[PDB]
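Below, a PDB structure including salicylic acid.
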Amino acid sequence: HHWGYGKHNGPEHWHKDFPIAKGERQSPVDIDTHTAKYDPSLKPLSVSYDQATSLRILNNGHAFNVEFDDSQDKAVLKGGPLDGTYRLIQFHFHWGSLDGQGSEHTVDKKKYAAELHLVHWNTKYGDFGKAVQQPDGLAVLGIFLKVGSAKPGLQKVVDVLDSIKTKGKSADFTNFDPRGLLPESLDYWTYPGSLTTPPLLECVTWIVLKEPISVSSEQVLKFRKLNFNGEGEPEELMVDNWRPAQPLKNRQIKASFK
Ligand SMILES: O=C(O)c1ccccc1O
Ligand SMILES: O=C(O)c1ccccc1O
Ligand SMILES: O=C(O)c1ccccc1O
Ligand SMILES: O=C(O)c1ccccc1O
Ligand SMILES: [Zn+2]
């Protein structure tokens, strides 16, 4: 599988190897804020990250993942639209070549400079690989990034990127606190969707926070120095690693707030 974000292997091509790309609950989507419905029965999100154990950071040739110990209930998401306990396995970002693009979800067609995805799996399915085969297997917390003031809690991530410049490189990344990436408010939109990269499985309850976080231009510039290619291969900057909005089809986006 040689999928990517280039002209010859990008999102418009993914359906040839992954036919679910044209399915009924693909992500991301545009969030029409005037069409989303407030649902008063939606509960507040419960983000319990105090015992989180980060292990490693990896450049996988499409983004970088910060990975966590998901062998115990150390960092979990529950409540909101979710039934059960969802364990944090990794987070990653999508970002642009310019500050006016980079997010996967859009809000009233507005694009943010980047988007953070905190990926969690439903513990009733035992492991991530089983969870991705279920319609309620994953819960992804999505957070928009806008360029402005620096985010202090992001800087530890930025400072390690030089050690994982190319595809396949990893580095130890212990004692990172993902709570430093969250905005003040946990108000959210939610809808059923999919992974946004191949295999594009329709297994995600998306929880997209309304409040973006601010990062500095210097922080996002360091993301843009990463490479899609392996060491010794022709340099292709890791930028614009986002899938565009897909048709909503027979879905409704719900809001936790009025
Ligand atoms: O593999 C990619 O994601 C890619 C992206 C941009 C340009 C060329 C590429 O191969
Ligand atoms: O110093 C950086 O911020 C950096 C980031 C990504 C890749 C190579 C780098 O030197
Ligand atoms: O978010 C995704 O698209 C994804 C895809 C494959 C594996 C883990 C993931 O989070
Ligand atoms: O291994 C290579 O082919 C190579 C090519 C360009 C620069 C550094 C390298 O190691
Ligand atoms: Zn993602």
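The chain is numbered in sequence order, starting from 1. Atoms within each ligand, like the ligands themselves, are counted from 1 in listed order. How was it done? The header gives X-ray crystallography, 1.4 Å.
- In the structure shown, the parts corresponding to salicylic acid are ligands 1, 2, 3 and 4.
- Here, the main chain in contact with salicylic acid (ligand 3) is recorded in UniProt as Carbonic anhydrase 2.
- At 4.0 Å, heavy atom to atom, the residues around salicylic acid (ligand 3) are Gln90, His92, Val119, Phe128, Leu195, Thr196, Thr197.
- Every atom of salicylic acid (ligand 3) with a heavy atom of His92 under 4.0 Å away is listed here by number and element: 1 (O), 10 (O).
- Per the entry, the organism of origin for chain A is Homo sapiens.
- Taking the UniProt substrate-binding residues of chain A and keeping those with a non-hydrogen atom under 4.0 Å from salicylic acid (ligand 3) leaves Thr196, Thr197.
- The shortest N or O to N or O distance between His117 and salicylic acid (ligand 3) is not below 3.5 Å.
- Per UniProt's Zn(2+)-binding annotation of chain A, a non-hydrogen atom lies under 4.0 Å from salicylic acid (ligand 3) in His92.
- Distance from atom 9 (C) of salicylic acid (ligand 3) to its nearest protein heavy atom, with residue and atom name: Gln90 NE2, 4.0 Å.
- The largest share of chain A residues contacting salicylic acid (ligand 3) lies in UniProt domain Alpha-carbonic anhydrase.
- Near salicylic acid (ligand 3) (under 4.0 Å), the structure shows the other ligands and ions ligand 5 (zinc ion).
- At the shortest separation from atom 2 (C) of salicylic acid (ligand 3) among protein heavy atoms lies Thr197 OG1, 3.7 Å.
- Among all UniProt-designated active-site residues of chain A, the one at the smallest non-hydrogen distance from salicylic acid (ligand 3), rounded to 1 Å, is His62, 8 Å.
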